[PDB]
Engineer: 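One structure, as structure tokens, below. Some questions next.
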Amino acid sequence: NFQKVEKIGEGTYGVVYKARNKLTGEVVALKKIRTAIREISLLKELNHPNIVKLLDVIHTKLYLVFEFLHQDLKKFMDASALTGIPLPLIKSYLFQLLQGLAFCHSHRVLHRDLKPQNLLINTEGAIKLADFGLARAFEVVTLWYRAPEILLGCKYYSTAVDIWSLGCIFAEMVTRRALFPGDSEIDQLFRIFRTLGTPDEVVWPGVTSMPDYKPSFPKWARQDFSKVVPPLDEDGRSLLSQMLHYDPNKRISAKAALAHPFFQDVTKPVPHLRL
Ligand SMILES: CCc1cnn2c(NCc3ccc[n+](O)c3)cc(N3CCCC[C@H]3CCO)nc12
Ligand SMILES: O=C(O)c1cc([N+](=O)[O-])ccc1NCCc1c[nH]c2ccccc12
């Protein structure tokens, strides 16, 4: 084979290896997965600083060669759990991720499975989206970041599902605890309901006609964001509240989120990375 190879983890659609090109010496990441071959390959020339670069596509069964990043945000959050990630770095990372989402959404590409392990960081302060759910689009599953319209059975969900996931990640960076740590689809939905209130037609028109909506759902009252992400200042809570709107049509877009006052003082700090 063309590479020398070491496992780094499991994406949603296949296993990921750190590897060195035998002839070139390039250090890269290889994802092994298992027409569509087409639109994936366009993504080689659609590049953004906050999206992981796809280097090559190879089919026998399907290999994807990516640039290599040195840490993922789950490991970085775990490493930072005793002290917390500094607010300026949280804010820089959120801003960068919204830039990546604005870009891919503007090209009508959804991610669909944002989670801390899929967000990759380097020593220079960048963070990049990875592990796009693009294989269906063209070992226990984590539901903690799933938008409620997905859980309620919406077939044709939108770019808003990514804003929801990013909102959950934002909250988790701030509080150092997962916002909605469910272990089943209904447990995930009811954890969301218990925190944000059971949605109704007032806050989410059409929710009661969603495929998996049940009139027998318990009706929980909404608690206040002061309780949900206490340390976060009012600008951060306002932005988070707009990222976690039940109605996908009221939920803030990535482009709109970038203009939120929370980012008026955004900067690009350097993380303390132990590699
Ligand atoms: C795009 C392919 C890729 C490139 N770098 N990289 C990294 N680098 C960080 C890193 C390096 C060395 C050891 N560790 O533990 C982390 C991790 C990672 N992933 C996290 C773990 C689950 C699989 C996979 C998901 C997201 O692609 N995927 C990638
Ligand atoms: O990230 C993955 O694992 C992944 C998986 C599959 N797949 O499984 O078919 C396909 C593509 C993937 N990444 C592409 C990253 C990418 C480069 N330029 C872009 C421009 C817009 C949106 C995204 C990108």
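Just so it is clear, chain A uses the PDB entry numbers, and the residues here are 3-36, 47-72, 75-152, 162-298, in order. Only heavy atoms go into these numbers, but all of them, side chains included; no hydrogens, no water, no symmetry mates. When the header is checked for method, it gives X-ray crystallography, 1.6 Å. Indexing begins at 1, ligand by ligand and atom by atom, following the structure's order.
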Engineer: What drug are we dealing with at ligand 1, do you know?
Structural biologist: dinaciclib
Engineer: Name in UniProt of the chain with the most heavy-atom contacts to dinaciclib?
Structural biologist: Cyclin-dependent kinase 2
Engineer: Out of curiosity, is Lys89 lining dinaciclib, as in a heavy atom under 4.0 Å away?
Structural biologist: yes
Engineer: Need the dinaciclib atom indices (1-based, order shown) with element for anything under 4.0 Å from a heavy-atom of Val18.
Structural biologist: 23 (C), 24 (C), 28 (N)
Engineer: Decide whether the shortest distance between a heavy atom of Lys33 and an atom of dinaciclib is less than 4.0 Å.
Structural biologist: yes
Engineer: Which UniProt-listed ATP-binding residues of chain A does dinaciclib come within less than 4.0 Å of, going by heavy atoms?
Structural biologist: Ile10, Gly11, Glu12, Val18, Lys33, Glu81, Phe82, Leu83, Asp86, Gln131, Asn132, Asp145
Engineer: Could you find the nearest protein heavy atom to atom 17 (C) of dinaciclib and give me its residue, atom name and distance?
Structural biologist: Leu134 CD2, 3.7 Å
Engineer: Please state which protein non-hydrogen atom is closest to atom 16 (C) of dinaciclib and give its distance, to 0.1 Å?
Structural biologist: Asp86 OD2, 3.8 Å
Engineer: I'm comparing dinaciclib with the native Mg(2+) site: which UniProt-listed binding residues in chain A have a heavy atom within 4.0 Å of it?
Structural biologist: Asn132, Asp145
Engineer: Consider every N or O of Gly11 and every N or O of dinaciclib, then say whether any pair is closer than 3.5 Å.
Structural biologist: no
Engineer: Quick one: nearest non-hydrogen protein atom to atom 9 (C) of dinaciclib, plus distance?
Structural biologist: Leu83 O, 3.1 Å
Engineer: Could an N or O of dinaciclib be found under 3.5 Å from any N or O of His84, whether backbone or side chain?
Structural biologist: no
Engineer: In chain A, which UniProt domain contains the majority of residues contacting dinaciclib?
Structural biologist: Protein kinase
Engineer: Looking at dinaciclib, are there other ligands or ions closer than 4.0 Å?
Structural biologist: none
Engineer: Can you tell me the UniProt active-site residue of chain A nearest to dinaciclib, plus the heavy-atom distance to 1 Å?
Structural biologist: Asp127, 8 Å
Engineer: Report the member of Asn132, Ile10, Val79, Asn136 with the shortest heavy-atom distance to atom 26 (C) of dinaciclib.
Structural biologist: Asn132
Engineer: Report the binding site of dinaciclib using a heavy-atom cut-off of 4.0 Å.
Structural biologist: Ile10, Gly11, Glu12, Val18, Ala31, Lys33, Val64, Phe80, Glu81, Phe82, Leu83, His84, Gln85, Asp86, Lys89, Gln131, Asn132, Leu134, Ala144, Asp145
